[PDB]
Enquirer: 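Next up is a structure, given as structure tokens.
The numbers used for chain A are those of the PDB entry, and the residues that appear cover 23-594, in sequence. Numbering of ligands and ligand atoms starts at 1, following listing order. So this one's X-ray crystallography, 2.4 Å, going by the header. Because only heavy atoms are used, hydrogens play no part in the values below, and waters and symmetry mates are left out as well, while side chains stay in.
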Amino acid sequence: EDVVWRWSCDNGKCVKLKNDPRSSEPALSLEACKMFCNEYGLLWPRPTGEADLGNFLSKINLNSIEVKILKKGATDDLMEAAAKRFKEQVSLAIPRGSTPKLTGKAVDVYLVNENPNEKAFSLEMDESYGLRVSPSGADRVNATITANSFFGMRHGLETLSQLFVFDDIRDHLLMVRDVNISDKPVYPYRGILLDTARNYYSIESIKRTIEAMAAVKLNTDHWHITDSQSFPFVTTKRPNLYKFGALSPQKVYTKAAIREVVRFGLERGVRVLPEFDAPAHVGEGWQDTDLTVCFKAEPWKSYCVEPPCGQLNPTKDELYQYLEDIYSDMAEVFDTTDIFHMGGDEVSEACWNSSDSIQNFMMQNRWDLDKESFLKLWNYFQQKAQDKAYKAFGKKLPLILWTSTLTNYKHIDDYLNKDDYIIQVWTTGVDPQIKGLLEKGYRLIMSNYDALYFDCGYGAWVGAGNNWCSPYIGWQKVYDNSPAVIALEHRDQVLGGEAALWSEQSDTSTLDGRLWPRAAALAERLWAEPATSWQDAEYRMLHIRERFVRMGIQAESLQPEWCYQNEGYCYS
Ligand SMILES: *[C@@H]1O[C@H](CO)[C@@H](O[C@@H]2O[C@H](CO)[C@@H](O)[C@H](O)[C@H]2NC(C)=O)[C@H](O)[C@H]1NC(C)=O
Ligand SMILES: COc1ccc2cc3[n+](cc2c1OC)CCc1cc2c(cc1-3)OCO2
Ligand SMILES: *[C@@H]1O[C@H](CO)[C@@H](O)[C@H](O)[C@H]1NC(C)=O
């Protein structure tokens, strides 16, 4: 069957009109109308520099797309892999069940990597790129991507793939004829936190996530790989941790699997950042070691935030031999990360107090048993754990901790320093802690629970009702949450943001809907920091959702497809 409608741009809105045969004007398909009716067309995220999309499209032979790398170097296999994936991303323009006519011009993609040896992740890496498309001769297209590193190069490959549209009226694959794009991100840390300990996530689902992250230029997969409920990380030096801590023998993450994920991410510009939360958020796996306290302590509401309770015992010297082995095994397989997340989630003082060995350790020292003295013990633990982390990675590298009582800006300088520790922020953007931390020079990663906790809104998992941070955070609230508004003058200290998917109520089955397309809103906010609000990005957000679905992502549905086909009629 054949498409019946056509679309025509009118005041920045594609209006659906009947495709009457008695017309001399060529019918426009829906996406062809959108590509030029919209200020930024079908691009997500919108570029930050020049965004010249011209006015016309060119028909393209899908089979005549060839990529040529002009500068060889150490990133040859990376550029070759990113070039091979480029054609699959072009086929994403075509709806499933439709076949384009193998007709039209040929495309020449010219990749220019100005530093073809650089392939390390760093907060200072250059993700910029230049993209220009123009006719070449009489039957060819010259698409030239120029970037200072491979990572910017494959960002430009991503943007180039979004410049293809499928004409489902005529079954023609089209491309923007004359493009001039210069682009670079506003923030260097654009991440997603995946909790794979409160519930297991298949390795295939994790790599599907990375695929969708690269599609919107997110670059950091924060792998919250352990917690109280399970220990799926296969640590070779301490094998009892995962053998006793895993939910099942197959719900683990082997060295080979992690190397797969890490390499999969590197090929797509995604740094895989591992976290070992400590000294709280520990439990299963540590049985028979006597290195924890209050594991499964009852009543749990007296001893921890959520069951099961359990914290490391920092007074045992053997603890830091365990941690050193854990970090070392992590550093072996997570060999592309430049940052290590050490958790620092809120420690329960009632739990540490209920241990005699801990109380004796503090009486033996010059400490009492008050709130201030358990801050002594926490900093005592963090100081030694930090030493082992440095040794394990064979290098002093940035460490991340959460906002907590340990990182309260009023006394954080007693324990940490702004050069060694990055602070991940879960508090709201109007919380005084953010201003105080910024004035002390600390660098921040924004994960405000009122706009970036992707677990909020569902039913309660203890008792009845809804979970603690309900209501559900729509993509509009994710888009409008701006770190520049939150940090103001200190915005350069903000390294970026990170959508947090805690997995008390999420696993392999719910992964796609939890993250997409809401994380794409965070992707544009962190890449472009637009002065405009979500309503200006609404039409493009609807398209990027459809693109996710085409990739095989079970993305959440935002609006009726009728609204997508009838821009302007769905408003409030
Ligand atoms: C493809 O297009 C690119 C950019 O439009 C061309 O590269 C430019 O070449 C001119 C001279 O011919 C230089 O002054 C510019 O600095 C180049 N731009 C960049 C970004 O490198 C390229 O020559 C074209 N290739 C073909 C085969 O037509
Ligand atoms: C780190 O930020 C976090 C992280 C996790 C948090 C978890 C919970 N709370 C704040 C949190 C928080 O804000 C402090 C509020 C109380 C609460 C009750 C619960 C629950 C979870 C939580 O599940 C069972 O009943
Ligand atoms: C620790 O336990 C003792 C009881 O021996 C109590 O007096 C003290 O207040 C407790 N500390 C905290 C922080 O609750």
Enquirer: What would the PDB label the drug at ligand 2?
Expert: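 You're looking at berberine.
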Enquirer: Which chain forms the largest contact interface with berberine (ligand 2) when counted as heavy-atom pairs under 4.5 Å, and how does the PDB entry name it?
Expert: Beta-hexosaminidase
Enquirer: Quick one: what's the binding site of berberine (ligand 2) if I count heavy atoms under 4.0 Å?
Expert: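 With heavy atoms under 4.0 Å, it is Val327, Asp367, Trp448, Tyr475, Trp483, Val484, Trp490.
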Enquirer: Which residue supplies the protein heavy atom nearest to atom 21 (C) of berberine (ligand 2), what is that atom called, and how far is it?
Expert: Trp490 CD1, 3.9 Å
Enquirer: Hi! I'm trying to figure out whether this entry has a covalent bond from berberine (ligand 2). Which residue and atom?
Expert: none
Enquirer: Protein heavy atoms near atom 11 (C) of berberine (ligand 2), is at least one of them under 4.0 angstrom away?
Expert: yes
Enquirer: Distance under 4.0 Å to a non-hydrogen atom of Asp367: what atoms of berberine (ligand 2) satisfy this?
Expert: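 Every atom of berberine (ligand 2) under 4.0 Å from some heavy atom of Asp367: 1 (C).
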Enquirer: Pull out every atom of berberine (ligand 2) sitting under 4.0 Å from any heavy atom of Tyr475, numbered as shown with elements.
Expert: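 That gives atoms 1 (C), 2 (O) of berberine (ligand 2).
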Enquirer: Tell me the protein heavy atom at minimum distance from atom 7 (C) of berberine (ligand 2), and give that distance in Å.
Expert: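 For this ligand atom, the closest protein heavy atom is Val327 CG1, 3.5 Å.
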Enquirer: Which of the numbered atoms in berberine (ligand 2) are below 4.0 angstrom from a heavy atom of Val484?
Expert: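 Listed by number with element, the hits are 24 (C), 25 (O).
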